[PDB]
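Letters A, B, ... are given to chains in the order of the sequence lines, protein chains preceding strands, and every chain is numbered from 1. Both counts, for ligands and for their atoms, begin at 1 and track the order of listing. We use all heavy atoms of the structure for the numbers below, so side chains are in, but hydrogens, waters and symmetry mates are not.
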Amino acid sequence: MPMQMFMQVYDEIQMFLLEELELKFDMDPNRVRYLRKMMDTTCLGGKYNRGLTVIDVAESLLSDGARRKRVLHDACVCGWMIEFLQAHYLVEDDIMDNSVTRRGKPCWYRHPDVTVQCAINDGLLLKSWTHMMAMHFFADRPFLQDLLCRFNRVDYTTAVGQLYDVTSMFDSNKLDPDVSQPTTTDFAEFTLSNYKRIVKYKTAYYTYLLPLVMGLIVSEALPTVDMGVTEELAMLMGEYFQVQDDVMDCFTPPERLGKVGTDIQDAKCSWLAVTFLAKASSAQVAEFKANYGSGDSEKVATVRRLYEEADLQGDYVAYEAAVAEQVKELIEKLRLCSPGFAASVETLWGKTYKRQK
Amino acid sequence: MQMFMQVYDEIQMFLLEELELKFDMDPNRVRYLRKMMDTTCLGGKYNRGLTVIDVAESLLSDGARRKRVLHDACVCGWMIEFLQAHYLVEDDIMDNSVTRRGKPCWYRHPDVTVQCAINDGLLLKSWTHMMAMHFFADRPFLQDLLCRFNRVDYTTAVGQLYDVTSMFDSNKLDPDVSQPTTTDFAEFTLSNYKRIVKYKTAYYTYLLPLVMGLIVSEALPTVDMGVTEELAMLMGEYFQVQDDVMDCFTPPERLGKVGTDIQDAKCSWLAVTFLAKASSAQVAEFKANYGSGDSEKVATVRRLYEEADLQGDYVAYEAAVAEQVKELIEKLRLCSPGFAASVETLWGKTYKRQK
Ligand SMILES: O=P(O)(O)C(O)(Cc1cccnc1)P(=O)(O)O
Ligand SMILES: O=P(O)(O)C(O)(Cc1cccnc1)P(=O)(O)O
Ligand SMILES: [Mg+2]
Ligand SMILES: [Mg+2]
Ligand SMILES: [Mg+2]
Ligand SMILES: [Mg+2]
Ligand SMILES: [Mg+2]
Ligand SMILES: [Mg+2]
């Protein structure tokens, strides 16, 4: 049922958006068709965990069936706002990361009939749609300003995180727009401290915090929860989520992952890289440095081999157990004053812990 | 300019100070973003920003309230300037441009990667929302302001889609297929050109500064919005026509940017007007040489535009526009004399501009 209602609201959203373009933007049928395909390709096909979380949180906290109908419809719209914001980030990210596939299909910019220049702008259209749907459904809601204030702040935080992500292989000391420099050679910025910052801002806020907050807002329950503990939870689960993403990038097969990994080739400051460099022997580190950040098949294979030799999967399972311990504690802390909200956080945790995605 | 530039400092201080305090940002990246902001937002003529101030001030015609409206207008002005900065960073990447305002394009700076530049463009747009909330959280006009600002942002992105898909047979548009640059150039019609330019340029360059000025001076309902939109679309079309002409005919030292329309096979005013008027042999030579980075092919296309006396047609198009602008400003002046005076000034910043 939650999935059923979520998909029905997608239809309403898509119909509103596409029918407007025809009538208000002088758009021809061919370009309306193009944008319908863009929307469908970029926003559908994932698990909708962010979207579905908003619904779960909203319904969990409202406790007269008219108000339930309304809150649930508002939660569906908020959920699609987050899914569209994500779709926006993934279109741009794939171009930025030179990725090949996503969800088992070509990246948007890699479709045979999409130009990179169009794809950049298509990503922008996706973000605009979040604002368009918000105004269409919420123009008369008293929570609109607070909703969008928070939504926009998380959008901002994500872009700040993406900056951390894309500048992480560069000695930050040598960062100057008017100069230029190659990939790091000592990898001295590949610290856990730096990793934690990247991951908090690029992923945790929009993936974990935002769904929770929007759910709280449409159920008009925000002030009822300890926001400090909630944020702690969100950051911890979001860090772990990105750690899983990084591990899967190297170790999960494309048929199950849906995407071809690029972290090695792009010289990303991944969890694998930072953890490997902190533990690996001198010879291992030297071979890593000589092979990392190259598209060369065998250099990538060398790095994959080194990660395998360093038993990084091992370290992950241990990181995983420590995270799970802290999650339980914080959920129990939240349950003290907000048992309903804590139950929804537990479900979000259940969708995350040991995910095979 | 003086108060506009001091509001910039205030905006920049708020934004950069936050990043340190709230985003755990290191001094190096704060420095990087300060330079990014300065390079992308400063150096133009601030005509949209300055228009917001002119409109707001002219529609209050209390000293404390004047101070307030003017400060609000400056913030709105910078919102539009930052939104523009955002569009120009992405557009330069999309259009494979080399230079802007006599400097390298942002993505062409030696220490900027293209992947960083894309994201920098996004940061610029985010800043428009951040400044709005910092300054206007308590203003009753906030929802209406942002509603319209966001709609114009949207319209611009729709316009950019028109721009970027204009050399492709629209019948043959399918994400799952692929197709080269047009061979017959049958879509290079004046009808299609007018749609591109209305949406990519006219709304954010002409309509938005007017609307934002009306809003902060609390004067929006006082004006005929139909006639106002008419003016905005007409002046915006003409503005983009000037842009297209300058792309080919204005020297880089004066223009501040290297032209790319020919190489990118754009549906420019030059292209559409040329193809409508040129001889069979000229048309054929155009089709054989357009949309190529080849130095000799670009020179051929430039030569053909010169031979076709497009400069001539421009002067005639310009006179026709000026006639209709005068008509509409006089219509506006009937009920909104003060607003009409501000529109006339905006028109004066546009007509026969050498930029
Ligand atoms: O799905 P991807 O590309 O593996 C990723 O998670 C996508 C993404 C984009 C933006 C913010 N957070 C994650 P990345 O971080 O690039 O590894
Ligand atoms: O400044 P430019 O690049 O000549 C231009 O005017 C920039 C621009 C960007 C976005 C919307 N409108 C104009 P373009 O349209 O690409 O010719
Ligand atoms: Mg990626
Ligand atoms: Mg990425
Ligand atoms: Mg990844
Ligand atoms: Mg351009
Ligand atoms: Mg352009
Ligand atoms: Mg141009």
Mind checking something for me? Which chain has more close contacts with ligand 1 than the rest, going by the PDB entry?
Farnesyl pyrophosphate synthase
Ligand 1: drug
risedronate
Which other chains are in heavy-atom contact (under 4.0 Å) with risedronate (ligand 1)?
A
What makes up the binding site of risedronate (ligand 1) if contacts are defined by heavy atoms under 4.0 Å?
A:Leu90, A:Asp93, A:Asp97, A:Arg102, A:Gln162, A:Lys202, A:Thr203, A:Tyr206, A:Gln242, A:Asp245, A:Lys259
Which other ligands or ions, by number and name, fall under 4.0 Å from risedronate (ligand 1)?
ligand 3 (magnesium ion), ligand 4 (magnesium ion), ligand 5 (magnesium ion)
Going by the PDB entry, what is the biological origin of chain A?
Trypanosoma brucei
At what distance is the nearest protein heavy atom to atom 11 (C) of risedronate (ligand 1), and which residue and atom is it?
A:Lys202 O, 3.0 Å
Under 4.0 Å from a heavy atom of A:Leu90: give me the atoms of risedronate (ligand 1) that qualify, with their elements.
7 (C)
Protein residue, atom and distance nearest to atom 2 (P) of risedronate (ligand 1), heavy-atom basis:
A:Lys259 NZ, 3.5 Å
Nearest neighbour in protein (non-hydrogen) for atom 13 (C) of risedronate (ligand 1)
A:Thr203 OG1, 3.6 Å
